[PDB]
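This file shows Hepatocyte growth factor receptor complexed with merestinib.
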Amino acid sequence: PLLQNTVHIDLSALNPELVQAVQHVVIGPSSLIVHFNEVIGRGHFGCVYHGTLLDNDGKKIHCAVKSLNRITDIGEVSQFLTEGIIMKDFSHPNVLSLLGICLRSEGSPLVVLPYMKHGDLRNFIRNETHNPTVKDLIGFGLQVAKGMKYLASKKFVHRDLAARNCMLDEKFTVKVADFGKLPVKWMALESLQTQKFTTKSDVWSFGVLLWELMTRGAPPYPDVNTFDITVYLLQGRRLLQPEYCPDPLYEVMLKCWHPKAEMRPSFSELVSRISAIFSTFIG
Ligand SMILES: Cc1ccc(C(=O)Nc2ccc(Oc3cc4cnn(C)c4cc3-c3cn[nH]c3)c(F)c2)c(=O)n1-c1ccc(F)cc1
């Protein structure tokens, strides 16, 4: 019999430009070991495993390897690879990048990502044994802002910026990412009403993310049900200042939630202002 393991992908059925872009980042099968018995996370769509990649020296590099589960049509493969390839264009320390793509003779293509020792940011900050300092939390927010300043300069709109979508590596470098209907409590008022997303709606979301950092990963608007959020915002109501949050940082959050998209600060101005806050907060 022909099993789920024996699937063969017809690359001639993909856009040739996608295949050629993938060519730029191909990882030979003999250079990758996937620890199929060490699942990092598993969804209905895909699964992520621990892996080891051998560099051109022959040294071992810990990585994360993303696969599709059961593949039944070419559009799922196309989507999967197109996502991976968007990351190829990113090169910034606060933006998640791709190590490469492996595709064997049979089976799912494999997207190979750097290993992020401390997982997602929201879980990290909620952990009592990590108990980050207020200073550390501001620092994380500045790193996110720097990654978003980069993305915005490339005209990439994130659409789901939130602490759950940022990851943390062994050097405590924050990498903006997207784990992949609507994240209503992170969305700008105009996006709730029109379902259009811009860099200025990412700024709103970043303000929410900052609030999550400073509350050590509290859920936003816990009292408000997700159908109630638009009314709350229409009345001019906003997330309240977290305990221990410096005043100038809360001022930054409020500015991010200005009802007029064009009066919100740019990521460049957020980087400057948060840098200033970080530099003067001694702790
Ligand atoms: C553009 C684009 C396309 C695709 C992605 C994407 O596929 N990201 C993605 C993210 C996490 C993933 O999962 C893990 C990876 C690692 C690594 N180490 N460790 C420990 C992990 C644990 C998990 C884990 C999964 N579940 N539970 C735990 C994962 F497989 C794929 C992405 O992020 N972007 C993007 C969007 C906007 C940006 F700014 C930059 C990139």
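One is the number of the first residue; the rest follow in order along the sequence. These numbers come from the heavy atoms of this one structure, side chains and all, not from hydrogens, waters or symmetry mates. Just follow the structure's listing: the first ligand is 1, and inside any ligand the first atom is 1.
Nearest residue to atom 28 (C) of merestinib (ligand 1) from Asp160, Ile40, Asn165, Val39 is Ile40 (criterion: closest heavy atom). In the vicinity of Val48, heavy-atom distances shorter than 4.0 Å reach the merestinib (ligand 1) atoms 13 (O), 30 (F). The shortest separation from a heavy atom of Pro114 to merestinib (ligand 1) is under 4.0 Å, placing the residue in contact. On a heavy-atom basis, rounded to 1 Å, the UniProt active-site residue of chain A that sits closest to merestinib (ligand 1) is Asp160, 8 Å. Looking at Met116, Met148, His92, it is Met116 that brings a heavy atom closest to atom 19 (N) of merestinib (ligand 1).
The largest share of chain A residues contacting merestinib (ligand 1) lies in UniProt domain Protein kinase. With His158, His50, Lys66 as candidates, the residue nearest to atom 7 (O) of merestinib (ligand 1) on a non-hydrogen basis is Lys66. Residues contacting merestinib (ligand 1) within 4.0 Å (heavy-atom distance) are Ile40, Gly41, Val48, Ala64, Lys66, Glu83, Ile86, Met87, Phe90, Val95, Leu96, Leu113, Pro114, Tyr115, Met116, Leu151, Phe156, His158, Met167, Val176, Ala177, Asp178, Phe179.
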